[PDB]
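Heads up, this one has tolcapone in it.
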Amino acid sequence: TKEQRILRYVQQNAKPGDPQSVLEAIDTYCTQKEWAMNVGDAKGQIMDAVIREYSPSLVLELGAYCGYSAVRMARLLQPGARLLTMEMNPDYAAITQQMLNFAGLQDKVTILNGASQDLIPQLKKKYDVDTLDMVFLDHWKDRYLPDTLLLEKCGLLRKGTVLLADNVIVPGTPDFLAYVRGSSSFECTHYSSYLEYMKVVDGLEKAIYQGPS
Ligand SMILES: Nc1ncnc2c1ncn2[C@@H]1O[C@H](C[C@@H](N)CC[C@H](N)C(=O)O)[C@@H](O)[C@H]1O
Ligand SMILES: Cc1ccc(C(=O)c2cc(O)c(O)c([N+](=O)[O-])c2)cc1
Ligand SMILES: [Mg+2]
């Protein structure tokens with residue numbers, strides 16, 4: 001699989017325990033060989049900036065894929081900070097674990113195998129989560145708005161919870177974007193960038209939760 005290819009390429013070309021080289025090898029391969037839906041370096045640098053700004057103790061990632069953004073975020077996590085990541089594809093999830101294992105980041109991260117819509121309502125229950133400091137939305141684009149409503153519904157957001165959504169321009173999340181921008185429950189900021197491994201304009205939206213009406 002494409003994802004085996006990427007994992008193996010990292011195992012051979014990256015340095016173990018070094019999250020940077022992991023990222024850089026993942027990027028080199030997808031730039032030069034096989035495009036992959038990693039958030040990539042350009043948008044990733046904006047993620048980095050947002051993570052460094054808010055120093056979340058608990059991040060929820062929707063869509064882990066090969067672990068590129070999990071590695072990207074986890075390396076910036078403070079001591080004791082936890083990243084939780086949801087990945088419904090068991091193959092992808094096994095790849096993500098291997099990547100995070102290789103990055104020495106496996107202790108900061110918990111991989112949840114399942115659909116976000118299924119896993120979100122059990123977060124407090126099974127995973128000892130009160131509320132989320134930060135959420136990275138990067139799974140199927142039709143799930144951004146529904147999983148936001150679900151996260152809100154399940155009491156997983158607090159005042160100042162940061163939602164950071166990838167691909168709000170391409171492939172695009174128009175309903176989500178319309179919703180957070182229009183709602184008083186969310187203060188939004190758009191970060192214009194580029195689709196990973198091409199000249200297509202894409203962006204990240206930061207949507208900070210304000211609490212209910
Ligand atoms: N509803 C869902 N629940 C959990 N995982 C999902 C869901 N929909 C899509 N996914 C996974 O989300 C991933 C989407 C990727 N763009 C994630 C990339 C990853 N955030 C990265 O930049 O490294 C795929 O690997 C999907 O299998
Ligand atoms: C068939 C197809 C079409 C468009 C893309 C695509 O561009 C893309 C980019 C992402 O950052 C991303 O997160 C996802 N995703 O999870 O669906 C898709 C990728 C594949
Ligand atoms: Mg994406």
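All residue numbers in this chain count up from 1 along the given sequence. Reckoned from all heavy atoms, side chains included, excluding hydrogens, waters and symmetry mates. Counting starts at 1 for both ligands and their atoms, following the listed order. Method reported for this entry: X-ray crystallography, 2.2 Å.
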All copies of tolcapone: ligand 2
Checklist line | Most-contacted chain for tolcapone, named by the PDB entry | finding: Catechol O-methyltransferase
Margin query: Help me out: which residues of chain A, per UniProt substrate-binding annotation, have heavy atoms under 4.0 Å from tolcapone?
Written below: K141, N167, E196
Would a 4.0 Å cut-off, counted as strictly less than, catch a protein heavy atom around atom 14 (C) of tolcapone?
yes
Exercise. Please list other ligands or ions under 4.0 Å from tolcapone.
Key: ligand 1 (sinefungin), ligand 3 (magnesium ion)
- In terms of atom number and element, which parts of tolcapone are under 4.0 angstrom from non-hydrogen atoms of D166? 11 (O)
Find all atoms of tolcapone within a distance of less than 4.0 Å from any non-hydrogen atom belonging to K141, and give their numbers and elements.
12 (C), 13 (O), 14 (C), 15 (N), 16 (O), 17 (O)
Item to complete: Return only the organism name the entry records for chain A.
Response: Rattus norvegicus
- request: Using a strict 4.0 Å cut-off to heavy atoms of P171, name the atoms of tolcapone that fall inside it.
  value: 4 (C), 6 (C), 7 (O), 8 (C), 9 (C), 18 (C)
### Task
With heavy atoms of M37 as the reference, note each atom of tolcapone found under 4.0 Å away.
10 (C), 12 (C), 14 (C), 15 (N), 16 (O)
(message) Could you tell me which residues in chain A that UniProt says bind S-adenosyl-L-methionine have heavy atoms under 4.0 Å from tolcapone?
(response) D138
Tolcapone binding site, heavy-atom cut-off 4.0 Å: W35, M37, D138, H139, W140, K141, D166, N167, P171, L195, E196
